[PDB]
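Bound state: Sterol 14alpha-demethylase + estriol.
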Amino acid sequence: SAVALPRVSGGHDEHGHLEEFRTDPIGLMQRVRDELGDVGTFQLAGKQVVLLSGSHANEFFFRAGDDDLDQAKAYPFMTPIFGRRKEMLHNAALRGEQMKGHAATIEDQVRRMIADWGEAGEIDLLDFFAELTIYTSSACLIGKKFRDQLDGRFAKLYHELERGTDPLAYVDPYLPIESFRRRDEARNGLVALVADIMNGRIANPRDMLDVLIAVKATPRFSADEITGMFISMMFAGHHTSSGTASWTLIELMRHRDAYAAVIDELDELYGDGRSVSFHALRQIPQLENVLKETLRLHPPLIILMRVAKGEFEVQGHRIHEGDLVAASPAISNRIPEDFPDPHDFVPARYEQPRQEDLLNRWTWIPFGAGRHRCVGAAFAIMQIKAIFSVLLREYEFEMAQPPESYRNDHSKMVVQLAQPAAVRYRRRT
Ligand code: HEM
Ligand SMILES: C[C@]12CC[C@@H]3c4ccc(O)cc4CC[C@H]3[C@@H]1C[C@@H](O)[C@@H]2O
Ligand SMILES: C[C@]12CC[C@@H]3c4ccc(O)cc4CC[C@H]3[C@@H]1C[C@@H](O)[C@@H]2O
């Protein structure tokens, strides 16, 4: 009875386009736009995904309220991981008055991570930034006391947790596969770590954990419940910040002229004698523009999803209740009409005379837009500023593998930098 929306080619595997989505999601999404335009679809197992692109369609997507396009059940792969949410789990730590302190905390975490680097050596970006961001996230979003009781084990387990987000979750988040088994085992390991910390606290007597432990119903929360809360407080900001930091360093190393400009700027700026806690909250133009361009080319979330709660018409095409509706920062961020030479790294794109990020309000979307725009955006930008203010003034970096060999692993809904990502460092002098 109802007219079928345009469908992208391919998708003849068991679960439609799901197999291709797991192997090359960006290529799939780009083909949707190339073949069909601003509104096109692909099949994700038993669900149809209406992929929107372009300013007009994206505006509809981002301005829609939860009453029209619901985000609530659009990300099933998160249910097994976690086991009003922002107000309860994110807002407190993100208040403006807390930022100065967070910048100092982040600076401290970076110095601790590079304390044993010495004069020269080599690191792997995924291993370094994944661990560093576990410490900045836990210290800032949960507590310094809590972070001090964490070590490499927590980071290793958290990573396996993130790897348990295969697209098969859209079939069922509890299917019997290896990645989901490891996901549950990883979560169980985190619960054990938290339980140990709790017993240590109780053993010999205040942060967030101290408060949660004292809540009663007989203790109201188990280690599993507390662990779920902590996992949720750090998740949205961990893989995003980890990856963005890695790609920021990669692009600087790939474009030494920009790297040189950032170095000169940092040296001049800190010449006033103020701390990172002062400068990370204020303008650092060249670095900020490198970050904006890095986010445009390497958005950590390549697809955003919603579930339609009613019927809507976008450019003559009708979206029906129950349809999965999506927008893609990966595709939108590179629309050639909006971003001249979209595949090139051009930080000048954001300088005062151009401001391509502000002019393309509905297509420059690494942080999303509208009602669900990233609430941690300011924190994330401040964190990159604080991290590189320390790293780039203390050390010099060079690629230890071909520039084109650095890449992301897109096999899971949670994008992660692929290994190896070898980089050499040497103290500046
Ligand atoms: C530069 C790194 C980051 C990027 C690129 C980024 C990007 C995004 C995007 C695109 C969304 C929208 C998802 C959707 O529309 O369904 C989002 C949501 C969110 N982000 Fe981030 N984010 C980053 C860092 C962070 C950090 C560090 C935190 C924690 C302080 C955080 C917390 C959140 C939360 C709580 C939401 C949900 C917002 C809502 O649904 O109302 N993000 N982020
Ligand atoms: C209010 C709360 C207990 C306190 C928790 C709580 C307590 C202190 C803190 O710093 C953070 C949180 C986050 C979650 C809070 C729970 C939400 C509800 O499920 C429950 O009633
Ligand atoms: C659901 C989420 C927004 C979408 C994120 C999201 C969106 C797309 C994607 O491919 C991966 C992720 C990973 C993290 C997700 C966030 C966890 C919550 O803190 C927040 O509400």
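All chain A residue numbers match the PDB entry; in order, they span 2-84, 95-216, 223-234, 238-449. All ligand and atom numbering here is 1-based and tracks the order in the structure.
Lab note - all copies counted, estriol located at ligands 2 and 3.
Near estriol (ligand 3), within 4.0 Å on a heavy-atom basis, the structure shows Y76, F78, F83, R96, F255, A256, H259, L321, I323, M433.
The UniProt annotation of heme b binding in chain A and a heavy-atom cut-off of 4.0 Å around estriol (ligand 3) together pick out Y76. Taking only nitrogen or oxygen atoms, main chain and side chain alike, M433 reaches within less than 3.5 Å of estriol (ligand 3).
Residue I323 has at least one heavy-atom neighbour below 4.0 Å for each of these atoms of estriol (ligand 3): 8 (C).
Annotation for estriol (ligand 3): atoms under 4.0 Å from non-hydrogen atoms of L321 are 5 (C), 6 (C), 7 (C). Closer than 4.0 Å to atom 15 (C) of estriol (ligand 3) lies none of the heavy atoms of the protein. For atom 2 (C) of estriol (ligand 3), the nearest protein heavy atom is 4.0 Å or more away. Below 4.0 Å from some heavy atom of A256 lie the following atoms of estriol (ligand 3), by number and element: 19 (O). Closest to atom 13 (C) of estriol (ligand 3), if we only count protein heavy atoms, is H259 NE2, 3.4 Å.
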N or O contacts of estriol (ligand 3) with protein under 3.5 Å, please list pair by pair.
residue: estriol (ligand 3); atom: 10 (O); partner: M433; partner atom: O; Å: 2.6

